[PDB]
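Naming convention: chains lettered A, B, ... in sequence-line order (proteins, then strands); numbering from 1 in each chain. Whatever order the structure lists ligands and atoms in, that order sets their numbers, starting from 1. Contacts are counted only within the shown part of the entry, which is not the complete deposit. In what follows, every heavy atom counts, from backbone to side chain, and hydrogens, waters and symmetry copies are set aside.
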Amino acid sequence: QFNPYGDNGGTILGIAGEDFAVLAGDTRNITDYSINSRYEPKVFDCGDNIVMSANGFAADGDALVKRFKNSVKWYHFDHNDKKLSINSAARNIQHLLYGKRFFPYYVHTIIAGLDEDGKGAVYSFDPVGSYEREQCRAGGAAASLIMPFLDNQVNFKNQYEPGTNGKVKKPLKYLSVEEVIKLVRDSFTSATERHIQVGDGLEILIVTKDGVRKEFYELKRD
Amino acid sequence: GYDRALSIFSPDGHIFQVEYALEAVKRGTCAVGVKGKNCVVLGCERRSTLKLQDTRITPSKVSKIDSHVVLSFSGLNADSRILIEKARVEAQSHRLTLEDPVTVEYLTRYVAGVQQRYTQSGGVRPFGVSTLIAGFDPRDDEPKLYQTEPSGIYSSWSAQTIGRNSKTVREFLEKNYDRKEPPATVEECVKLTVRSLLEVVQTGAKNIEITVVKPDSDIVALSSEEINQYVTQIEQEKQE
Amino acid sequence: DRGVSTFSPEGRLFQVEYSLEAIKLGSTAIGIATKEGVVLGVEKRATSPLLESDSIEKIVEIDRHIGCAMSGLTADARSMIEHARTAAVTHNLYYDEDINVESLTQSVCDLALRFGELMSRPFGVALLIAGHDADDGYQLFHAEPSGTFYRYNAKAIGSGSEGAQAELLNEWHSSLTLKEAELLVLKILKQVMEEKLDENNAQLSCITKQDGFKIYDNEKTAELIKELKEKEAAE
Amino acid sequence: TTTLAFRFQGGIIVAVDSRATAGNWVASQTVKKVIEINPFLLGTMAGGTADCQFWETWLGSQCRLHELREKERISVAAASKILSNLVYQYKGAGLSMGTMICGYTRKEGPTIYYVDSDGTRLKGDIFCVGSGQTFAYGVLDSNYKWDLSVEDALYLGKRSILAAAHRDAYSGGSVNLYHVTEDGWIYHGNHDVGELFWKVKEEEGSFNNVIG
Amino acid sequence: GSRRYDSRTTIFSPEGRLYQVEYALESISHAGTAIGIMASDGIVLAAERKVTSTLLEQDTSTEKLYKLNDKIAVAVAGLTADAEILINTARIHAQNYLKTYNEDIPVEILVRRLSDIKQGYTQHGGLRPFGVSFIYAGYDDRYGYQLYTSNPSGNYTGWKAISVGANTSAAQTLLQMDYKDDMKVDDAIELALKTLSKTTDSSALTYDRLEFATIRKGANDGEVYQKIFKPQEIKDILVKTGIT
Amino acid sequence: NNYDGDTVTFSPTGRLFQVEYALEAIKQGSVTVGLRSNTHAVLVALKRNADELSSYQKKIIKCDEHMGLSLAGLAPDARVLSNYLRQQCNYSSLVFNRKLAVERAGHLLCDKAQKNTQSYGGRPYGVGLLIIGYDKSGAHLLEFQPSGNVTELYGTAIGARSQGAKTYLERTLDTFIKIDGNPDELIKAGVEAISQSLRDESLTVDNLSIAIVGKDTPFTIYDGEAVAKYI
Amino acid sequence: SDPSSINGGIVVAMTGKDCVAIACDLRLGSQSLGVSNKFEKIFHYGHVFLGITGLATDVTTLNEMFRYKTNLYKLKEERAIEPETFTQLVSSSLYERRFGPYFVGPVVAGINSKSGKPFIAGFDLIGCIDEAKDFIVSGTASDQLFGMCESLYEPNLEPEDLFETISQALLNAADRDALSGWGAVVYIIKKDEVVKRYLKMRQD
Amino acid sequence: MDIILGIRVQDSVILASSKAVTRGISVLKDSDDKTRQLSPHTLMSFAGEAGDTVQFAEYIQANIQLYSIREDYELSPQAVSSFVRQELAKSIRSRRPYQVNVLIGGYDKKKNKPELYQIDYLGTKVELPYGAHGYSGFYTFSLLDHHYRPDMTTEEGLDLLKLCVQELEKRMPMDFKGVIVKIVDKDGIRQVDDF
Amino acid sequence: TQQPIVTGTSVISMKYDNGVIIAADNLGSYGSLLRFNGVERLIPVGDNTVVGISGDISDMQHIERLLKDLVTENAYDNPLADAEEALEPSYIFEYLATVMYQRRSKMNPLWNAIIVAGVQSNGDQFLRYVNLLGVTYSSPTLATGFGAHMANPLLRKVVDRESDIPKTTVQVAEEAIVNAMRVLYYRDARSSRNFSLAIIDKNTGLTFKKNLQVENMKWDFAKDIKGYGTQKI
Ligand SMILES: *[B]([O])([O])[C]([C][C]([C])[C])[N]C(=O)[C]([C]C1=[C][C]=[C][C]=[C]1)[N]C(=O)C1=[C]N=[C][C]=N1
Ligand SMILES: [Mg+2]
Ligand SMILES: [Mg+2]
Ligand SMILES: [Mg+2]
């Protein structure tokens with residue numbers, strides 16, 4: 001019997017800062033126990049200061065990104081070159097996904113950018129289009145390895161202030177872009193160690209009011 | 001399928017097929033609607049050119065769309081059946097989906113929408129019918145009376161008439177109907193409706209039909225004798 | 001006979017040009033756009049005194065931020081309004097935002113030339129579409145059955161249009177207040193109407209960023225009519 | 001999931017949890033399981049996240065179109081039936097929904113309809129829906145009265161979700177409270193279960209089984 | 001293209017009349033006269049065949065009177081072929097109703113259905129209308145004995161006595177003169193034949209130029225019987241009533 | 001005369017009058033100019049207003065990053081045709097990862113317009129288009145007529161009084177074709193070309209519309225104070 | 001689960017000298033539960049009799065369908081349909097549902113009004129005609145009925161003798177079937193008189 | 001849903017229907033009315049698959065109400081039952097059949113007789129003096145077979161119905177939360193508010 | 001949904017400094033039966049692209065006809081069909097990738113794994129993979145089927161990342177490809193000795209080599225291997 005789905009591995013991570021947002025993902029592409037590519041870009045600049053990644057079955061992932069990029073193009077044509085805001089992009093992606101409710105895009109989608117007040121924004125989707133704005137979200141293979149670490153080190157969960165013994169929580173102080181990138185790199189280094197589908201390279205797209213910047217880092221290739 | 005554009009604009013900006021449909025309404029028997037303080041009355045002319053008629057079974061001029069709304073008309077009789085059927089289906093569909101009977105305004109807006117659709121659809125001619133739609137909204141005691149016409153425009157009326165010699169009975173209603181004080185009772189409202197038809201009808205015998213609609217689905221059609229008593233009392237006051 | 005989509009020797013569609021003649025027979029509608037809001041006003045024109053004039057609905061809400069006035073064969077406007085409302089709501093569903101006034105107008109105008117041998121003839125009604133959005137502020141559009149729409153600072157359509165437009169030419173400036181616009185619509189409606197203008201045979205409405213689209217009460221309009229009479233008697 | 005809604009003297013109380021799970025994996029603790037259909041209408045979310053989000057957002061569009069067309073607020077009966085008729089068309093296809101449609105109109109008063117992806121539509125005074133529905137029912141049934149103050153009613157809804165959050169593994173995170181009156185609903189905050197549990201335990205004297 | 005040759009069968013005249021309906025009625029006015037008379041104890045249907053021949057096989061011939069079901073019959077005036085199309089549709093409608101509700105179709109409901117079909121051809125489709133007028137004679141347990149007529153416009157009305165086809169003006173005046181409410185079937189039989197005998201364009205009214213039928217509760221106890229008269233039976237009733 | 005009732009009828013001299021009447025609608029339209037060098041292609045359009053309260057009708061439509069057109073005649077017909085071009089440009093990119101050649105875009109417009117001239121019920125398009133673009137073979141300028149005829153040119157003009165601009169471009173041919181690597185001078189030549197078609201009115205800030213595409217220049221439209229530089 | 005044995009029931013037909021007989025039980029059930037003891041399975045259209053066993057909804061539907069068709073037949077033909085012609089109509093009507101069939105076992109019985117010849121016929125659920133000279137059986141106790149008929153039957157029985165034979169064939173067959181019984185009816189059919197007899201039988 | 005009972009006495013038809021609605025593990029409601037008035041003298045109770053039951057009942061209701069308005073006449077119980085049967089017989093060969101069983105209790109004003117019809121989801125119709133759907137008959141038919149006489153009063157019918165419900169409450173595993181009882185006679189339809 | 005009947009095994013490929021190399025054997029297998037011994041599975045498109053195909057042969061022949069039709073269609077009304085508007089490797093791939101994903105979405109796939117090797121207009125090396133699921137990816141080395149497991153490890157020792165491409169000559173690259181084909185012949189039970197090899201260079205163009213054979217094979221050591229453990233004779 002023909003199975004229309006497959007699993008290309010990979011892992012992605014979105015983190016929303018105070019006036020910035022990052023969307024990171026490893027560059028390894030796999031099937032079963034083989035490596036297809038050590039550098040296959042997974043996070044894309046879609047225009048209008050929005051970055052996107054659809055992780056899971058790469059064929060569906062490419063199809064979705066392609067249709068969203070197209071939707072941005074036609075949004076400009078139909079509405080006098082108006083900038084597609086991140087919240088509007090998010091709702092649009094819900095309808096793209098739910099359109100195939102009974103034959104779903106087998107992906108975990110994350111977009112990142114800035115909201116209309118200039119604050120960092122990350123949105124997260126399930127395969128059939130349910131979505132929610134978030135401060136922090138990992139997706140894909142090693143998501144279960146990364147999320148708990150981010151609960152602890154980004155939101156200071158289960159951390160309290162010394163001397164008070166559980167009475168006073170550790171205050172939720174804002175993180176700089178340099179601080180977030182450190183946590184992203186450590187998240188992927190750790191995920192590479194313990195997850196066989198994670199490795200080769202890490203590509204991070206950083207979004208600010210100035211635009212979209214890229215950073216690349218080597219990961220272990222075993 | 002037959003797709004021919006029958007309703008089209010002319011150089012002077014008129015749609016003749018819609019306007020000729022109004023001429024069919026002008027030919028139809030006279031219909032009148034009058035709303036009192038707590039009721040609406042629908043009066044209808046029956047042309048006495050047809051005797052040997054069986055009045056038990058002959059299609060009556062006033063039709064119940066639901067238990068709380070009624071529809072009368074002037075124009076082509078066969079055309080009116082199609083609008084009445086559609087209206088009755090929509091009334092039940094509304095109850096099924098909204099769990100509430102139609103308002104009189106809603107039912108009018110639907111029937112008017114059907115009439116309009118037949119003025120810019122290919123292969124069809126407009127309805128040669130104008131309607132008077134009357135009743136009471138659910139759990140409401142305010143009387144409602146609306147009119148529609150072949151073009152699809154509709155509006156609310158304190159009192160209105162349609163059909164042949166409607167110009168004359170509208171003349172009567174415009175001088176006899178006071179808005180500050182409408183017919184306070186059923187009697188007064190029926191009397192004013194019969195009076196208005198007597199300006200046009202001929203004999204007050206089997207030529208006048210009267211239907212009274214009251215709040216909370218209270219609809220009744222008056223008999224020949226009951227109407228005949230109004231006809232008698234009107235002329236005895238007139239002999240003075 | 002001849003095709004419904006036929007060109008004249010001058011390069012105009014016969015049916016579109018004839019529908020424009022039907023609009024000239026319609027009741028007057030006027031719109032004025034200011035930096036404080038857009039005002040929409042219409043002549044009701046009841047055919048008889050027994051017709052309850054508040055049932056005449058020639059000003060209509062499309063969304064909270066978009067209103068619409070009509071002139072011509074007003075029954076034809078109902079499907080246009082239904083499409084406009086659906087387009088406005090559908091866009092909000094797809095994009096979690098308000099739709100631009102121009103985009104709404106363009107969507108309505110896409111229906112216009114969908115006639116042939118689709119509907120059997122063009123619409124016999126013109127629309128004044130007024131609204132507000134964050135990008136282009138307060139806007140007024142004139143949607144025709146040709147499929148063309150122009151943006152206007154002020155516009156009149158219907159039987160008294162060319163007389164009203166000439167009056168709007170002189171009166172409009174870029175610093176008009178909302179109150180000044182209201183009186184101006186009332187003034188020009190009173191000029192071109194056959195019957196004497198009052199709160200029962202004329203209707204006002206406006207669209208502001210704060211309160212959205214509002215049809216004025218007869219009591220509210222009656223005061224503005226009284227305010228108009230006094231200021232015209234003031235010189 | 002644990003969602004509840006109940007009618008009382010002050011209108012309707014709506015209370016929901018915040019947890020979403022994929023198997024044993026906790027996918028989210030910050031899910032908005034109440035949908036703001038308009039200022040007057042609320043919908044609760046149980047079953048498939050997407051199905052509930054998509055079609056109740058859609059429901060708000062249909063309600064807006066109704067009141068644009070009819071110049072009048074849509075009834076809770078009519079609003080709930082649009083959704084139930086819609087999901088009935090999809091019956092068999094595999095939609096997964098258990099929802100309460102909550103509102104307050106002049107003609108109806110405070111009204112709650114349970115709507116279901118098998119096509120069930122039920123009017124009622126108290127409904128609980130989700131994996132932890134049984135736990136919440138216990139607290140409600142023993143403490144529910146008609147003559148509850150808005151303050152006490154809000155607490156009961158909060159306390160019932162907490163009961164379920166404690167015992168049901170697929171319920172937890174936080175509690176979102178809403179109060180529905182005739183002029184519209186009113187949000188009453190997000191309450192972390194991690195802080196709410198220790199607070200209620202200390203103040204109420206309950207959960208003596210747990211050490212603190 | 002094709003528009004050039006389109007007669008436009010479904011349009012109003014400037015006076016608000018349907019051209020084709022009016023012209024179809026003109027066609028029907030040349031058809032053989034059909035008469036229906038309703039009595040307290042039954043209904044009579046009488047109709048004149050159009051200028052026949054001696055070589056026509058009358059006993060197997062049917063051009064006027066048709067059976068729709070056991071309770072309802074029709075008299076035809078107009079194009080016979082057009083009538084048979086509608087008659088077969090009406091027979092099916094009656095059976096559809098019987099299958100659905102397990103009760104015989106009420107007369108009016110059948111009449112309304114056929115009349116709605118006629119109406120459709122005057123409003124949409126671009127086809128010519130049916131050049132047929134019916135007299136419906138039927139019985140049901142709600143209204144009892146009923147007479148209706150329908151014409152190409154799709155308009156229908158109820159009658160105590162009625163005529164369609166040729167010389168209806170003269171026929172209707174004669175019926176209006178001699179008809180009374182307490183009349184019986186045997187009296188109605190005589191009235192129908194006397195009216196045809198005076199309005200006929202033929203020199204004399206004979207059995208070979210007539211079709212005749214009665215619907216009677218003259219069926220053994222509470223039930224209704226349709227009787228399509230045979231040529232010899234029409235000959236006998238002509239002698240009985242004193243016309244031949 | 002007797003042969004102008006529909007598009008499906010030749011006249012006795014082999015003419016199609018409905019197509020010719022559609023061509024007449026373009027002549028009533030406002031003037032627009034197109035011209036190109038070897039590096040850039042420029043559109044210049046005179047926008048028309050209804051009155052002093054009204055806006056000036058937009059004349060230029062973007063089809064892709066590398067292609068767009070200007071219109072003269074029925075604006076809704078330009079919207080239909082430009083929408084079709086947008087889809088075709090888009091199909092090429094999505095399916096073949098290929099920017100649509102300007103010449104192939106002209107062929108597609110020709111074939112779409114042709115179907116409306118040979119069938120009953122329909123009507124010809126009532127608009128003329130000037131398509132500019134930059135593809136793998138450099139800068140291009142096309143002229144579309146609703147008869148179906150599409151023509152590749154160095155420069156041209158359509159609309160009312162377009163003959164004046166067309167003669168100017170015919171004189172200037174050897175000069176403006178050489179304006180390589182200088183967008184401002186190529187636009188100047190276009191603004192000077194469209195000026196030969198003006199009477200009574202002159203080019204104001206909300207009257208003038210300009211579009212340009214080139215080697216390292218995406219199709220961009222200039223309106224308002226962005227064209228004051230060229231007035 | 002098996003549609004032909006949800007409701008239960010039987011029909012049997014026999015030819016005699018210048019006569020035919022058709023009989024049936026009166027039971028309708030929902031598997032083990034007895035629901036009705038007045039569910040007659042024999043119908044008639046003019047002088048042609050039709051028995052139908054199997055799924056009860058299809059029994060009712062087919063009766064209504066053949067009433068429909070024989071009423072139209074009569075209006076057009078101006079005569080009552082004959083057994084031979086009706087048999088072909090049943091066959092045609094069943095076969096049109098070849099790949100979505102009515103779960104029934106029809107049995108036709110009657111006397112041709114012109115020739116006077118007795119006629120019986122049986123069908124499977126999709127139209128195949130079994131035109132036996134002696135007898136036809138159908139239903140959940142068809143095996144039992146075959147056994148009874150094959151031993152009890154003899155040709156050229158007089159109407160009142162045929163009654164006894166067909167009655168004993170039905171009764172004793174039904175009593176060996178859990179889903180048949182709860183009463184019985186026997187039609188004795190002659191050229192211009194038909195007698196209907198309800199039989200007394202055990203009610204378990 | 002679960003238990004629906006019907007009994008036709010001398011001058012009326014009595015329908016009894018359970019009040020419970022159960023979704024799996026919980027009893028969501030204990031006051032559910034599993035019936036629809038089709039016409040002033042015709043009542044239909046129903047039980048089967050969730051959603052389908054109410055959808056079917058309201059669809060039938062809408063159709064009968066439409067007929068009533070069109071003809072200004074109430075259809076006989078027999079006619080209504082035949083219409084309902086045909087809809088179910090049509091449904092059973094559909095893409096997704098209505099999984100609904102019904103009882104139709106009506107008073108025929110023409111014949112002055114009460115009438116009870118039992119119809120299952122296949123379109124199997126029978127007229128009965130008393131009837132049931134599901135496992136309800138399994139308990140009640142023995143009591144009804146014993147005690148039923150065709151000339152009972154409405155009060156005697158209610159007493160026999162109480163005995164049936166008591167047996168159900170004793171031997172049935174499921175708690176159906178009592179029954180709503182409705183009477184259909186010459187004066188129309190009314191609910192017995194204490195049972 | 002179907003099953004592959006007549007099949008082709010590995011297609012292998014790699015980038016080098018001035019272009020790309022691609023190779024595939026000439027066998028059409030029918031299950032375990034080595035049925036057809038003269039099947040060309042490298043199909044050139046113009047002078048700048050070679051499409052290598054593995055999997056179902058009936059579907060391969062269909063794809064071959066699509067590509068042939070693509071060339072015909074591109075020439076229509078195209079004066080620059082043999083110049084600026086010639087088919088690029090990237091155009092050919094994107095077309096195939098679109099078809100593959102559409103067919104899988106209708107649950108009726110073309111049961112193939114495809115590698116499109118070529119050189120673009122600007123001289124850039126093009127090498128990308130697509131299969132029956134519509135899955136696509138690019139790498140300095142690409143291989144299908146058994147080649148993915150055995151050829152890639154060998155080819156990746158020559159070009160391990162992007163920066164190794166300019167350091168790799170055509171002689172070294174071809175040597176590595178030929179060795180990999182030998183290894184596949186040792187170890188793949190559905191392979192043949194005969195194969196085709198294609199080089200697409202930005203300077204010397206398309207070189208298509210037919211009727212190549214695996215040579216320099218080591219078998220002599222087999223003579224010393226006796227039994228499966230304890231046997232000495
Ligand atoms: B609740 O448990 O029903 C919860 C509420 C949801 C509507 C936001 N549902 C889920 O968590 C479901 C799984 C489930 C658990 C228990 C009962 C029924 C269903 N999860 C999801 O739908 C889900 C999981 N991961 C990502 C997206 N959606
Ligand atoms: Mg690893
Ligand atoms: Mg828990
Ligand atoms: Mg037993």
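What sits at ligand 1 is the drug bortezomib (bound form). Contacts with bortezomib (bound form) are greatest for the chain named in UniProt as Proteasome subunit beta type-5. The chains other than those of the drug that have a heavy atom under 4.0 Å from bortezomib (bound form) are A, D. Taking only nitrogen or oxygen atoms, main chain and side chain alike, D/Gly47 reaches within less than 3.5 Å of bortezomib (bound form). One option in D/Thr49, D/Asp17, D/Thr99 has a heavy atom closer to atom 22 (O) of bortezomib (bound form) than any other, and that option is D/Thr49.
As listed in the entry, the molecule name for chain A is proteasome subunit beta type-6.
The shortest contact between atom 24 (C) of bortezomib (bound form) and any protein heavy atom is with D/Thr21 O, 3.1 Å. Every atom of bortezomib (bound form) with a heavy atom of A/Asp126 under 4.0 Å away is listed here by number and element: 27 (C), 28 (N).
Listed by number with element, the atoms of bortezomib (bound form) under 4.0 Å from a non-hydrogen atom of D/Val31 are 8 (C).
The deposited structure shows a covalent link between bortezomib (bound form) and D/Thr1 OG1. Closest UniProt active-site residue, chain D versus bortezomib (bound form), heavy-atom distance to 1 Å: D/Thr1, 1 Å.
Taking every heavy atom of D/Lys33 and a limit of under 4.0 angstrom, the matching atoms of bortezomib (bound form) come to 1 (B), 4 (C), 5 (C). The distance criterion of under 3.5 Å between nitrogen or oxygen atoms is not met by A/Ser130 with respect to bortezomib (bound form). The list of other ligands and ions under 4.0 Å from bortezomib (bound form) is empty.
Between D/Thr1, D/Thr3, D/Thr2, D/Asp168, it is D/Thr1 that holds the heavy atom closest to atom 1 (B) of bortezomib (bound form). Residues in other chains coming within 4.0 Å of bortezomib (bound form) by heavy atoms are A/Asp126, D/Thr1, D/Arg19, D/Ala20, D/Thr21, D/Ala22, D/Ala27, D/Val31, D/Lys33, D/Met45, D/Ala46, D/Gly47, D/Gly48, D/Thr49, D/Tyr170.
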